Protein chains: 2
Amino acid sequence: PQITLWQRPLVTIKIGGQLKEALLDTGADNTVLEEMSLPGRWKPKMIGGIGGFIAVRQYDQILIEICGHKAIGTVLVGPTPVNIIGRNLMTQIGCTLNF
Amino acid sequence: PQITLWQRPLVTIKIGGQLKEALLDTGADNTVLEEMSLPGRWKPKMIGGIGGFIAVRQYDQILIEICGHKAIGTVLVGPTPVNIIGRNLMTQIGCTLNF
Ligand SMILES: Cc1c(O)cccc1C(=O)N[C@@H](CSc1ccccc1)[C@H](O)CN1C[C@H]2CCCC[C@H]2C[C@H]1C(=O)NC(C)(C)C
């Protein structure tokens, strides 16, 4: 799959038995999902974007299926308006920028 | 150029006679630079990221040289902590995501 950038690079994910849409985001160090319940224990974390900071819950070794490719990594959960797949997960699916 | 995502995808830009480093950001609709003086007249704009909103100045038809590729487009100027090259400029340089 080659994805051009004329539209947002949204992909379908499967995480915790749920189907979501998420944005492939090269400008994000981390992966950030809207509120959802996840197994097992987490740690509080602040992350900064443009315009300020949000509080999130850090879950490690969480299974995610991104466009049919499985990856396990750290997933942050909190009040983001868009599901974000960051570089931590993108490297696991062999995802590159090209030009 | 193929860019893997193990590190931030930072590139050198030239804009308004100045050299800067900027992040190639698939998760950004717009291009956002820290405070700098630019030719032309501008319009006020609010943009939202994670954790809130910032006020920026919208400059159109601005020349930018991104990793040696010229592009002209809308550049937003304001209190972003990182220079961000968004999709609007990335399409102009033939930039794709691949995996
Ligand atoms: C800059 C920009 C636009 O011009 C237009 C639309 C969105 C954005 C925007 O802020 N996008 C961001 C993701 S968050 C997001 C929020 C709303 C919609 C889509 C994505 C960037 O892609 C990533 N963004 C780039 C960059 C922005 C300036 C501050 C430092 C980083 C923070 C980083 C980021 O947010 N990282 C998290 C791990 C917290 C997710």
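The alphabet sets the chain names here, A first, running in the order the sequence lines are given. Residues displayed in chain A correspond, in order, to the PDB entry positions 1-99. What you see of chain B is 1-99, where the numbers are those given in the PDB entry. Indexing begins at 1, ligand by ligand and atom by atom, following the structure's order. Quick note: numbers below take in every heavy atom, side chains included, and nothing from hydrogens, waters or symmetry partners. Header says: X-ray crystallography, 2.2 Å.
The compound at ligand 1, a drug or drug candidate, is named nelfinavir.
Going by the PDB entry, the chain with the most contacts to nelfinavir (ligand 1) here is protease retropepsin. For nelfinavir (ligand 1), the other chains with a heavy atom below 4.0 Å are labelled A, B. Contact annotation for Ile84(B) and nelfinavir (ligand 1): only side-chain heavy atoms (C-beta onward) come within less than 4.0 Å of the ligand.
Close approach to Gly48(A) involves these atoms of nelfinavir (ligand 1), each under 4.0 Å from a residue heavy atom: 32 (C), 39 (C). Protein heavy atom nearest atom 1 (C) of nelfinavir (ligand 1), with residue, atom name and distance: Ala28(B) CB, 3.9 Å. In terms of N/O distances under 3.5 Å, nelfinavir (ligand 1) is approached by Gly27(B). From the protein, the heavy atom lying nearest to atom 28 (C) of nelfinavir (ligand 1) is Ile50(A) CG1, 3.4 Å.
Considering both main-chain and side-chain atoms, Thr80(B) never comes within under 3.5 Å of nelfinavir (ligand 1) through any nitrogen or oxygen pair. Among protein heavy atoms, atom 29 (C) of nelfinavir (ligand 1) sits closest to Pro81(B) CG, 3.2 Å. For nelfinavir (ligand 1) and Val32(A), the ligand atoms under 4.0 Å from any heavy atom of the residue are 40 (C). Within nelfinavir (ligand 1), the atoms closer than 4.0 Å to a non-hydrogen atom of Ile47(A) are 39 (C), numbered from 1 in the order shown. With a 4.0 Å cut-off on non-hydrogen atoms, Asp25(A) touches nelfinavir (ligand 1) through its side chain and not its backbone.
What sits closest to atom 6 (C) of nelfinavir (ligand 1) on the protein, heavy atoms only, is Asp29(B) OD2, 3.7 Å. Of all atoms in nelfinavir (ligand 1), numbered sequentially from 1 with element shown, those under 4.0 Å from a heavy atom of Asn30(A) are 38 (C). The residue from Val82(A), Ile54(B), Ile85(A) that puts a heavy atom closest to atom 18 (C) of nelfinavir (ligand 1) is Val82(A). Nearest to atom 10 (O) of nelfinavir (ligand 1) among the protein's heavy atoms is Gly49(B) CA, 3.4 Å.
The shell of residues around nelfinavir (ligand 1) (heavy atoms under 4.0 Å) is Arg8(A), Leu23(A), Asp25(A), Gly27(A), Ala28(A), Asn30(A), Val32(A), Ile47(A), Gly48(A), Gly49(A), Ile50(A), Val82(A), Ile84(A), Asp25(B), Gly27(B), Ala28(B), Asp29(B), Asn30(B), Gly48(B), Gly49(B), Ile50(B), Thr80(B), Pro81(B), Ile84(B).
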For nelfinavir (ligand 1), run through the N/O pairs with the protein that fall under 3.5 Å and put one pair on each line.
from: nelfinavir (ligand 1); atom 1: 4 (O); to: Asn30(B); atom 2: N; distance (Å): 3.3
from: nelfinavir (ligand 1); atom 1: 4 (O); to: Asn30(B); atom 2: OD1; distance (Å): 2.9
from: nelfinavir (ligand 1); atom 1: 11 (N); to: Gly27(B); atom 2: O; distance (Å): 3.2
from: nelfinavir (ligand 1); atom 1: 22 (O); to: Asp25(A); atom 2: OD1; distance (Å): 2.7
from: nelfinavir (ligand 1); atom 1: 22 (O); to: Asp25(A); atom 2: OD2; distance (Å): 2.8
from: nelfinavir (ligand 1); atom 1: 22 (O); to: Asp25(B); atom 2: OD1; distance (Å): 2.7
from: nelfinavir (ligand 1); atom 1: 22 (O); to: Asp25(B); atom 2: OD2; distance (Å): 3.0
from: nelfinavir (ligand 1); atom 1: 22 (O); to: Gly27(B); atom 2: O; distance (Å): 3.4
from: nelfinavir (ligand 1); atom 1: 24 (N); to: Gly27(A); atom 2: O; distance (Å): 3.4

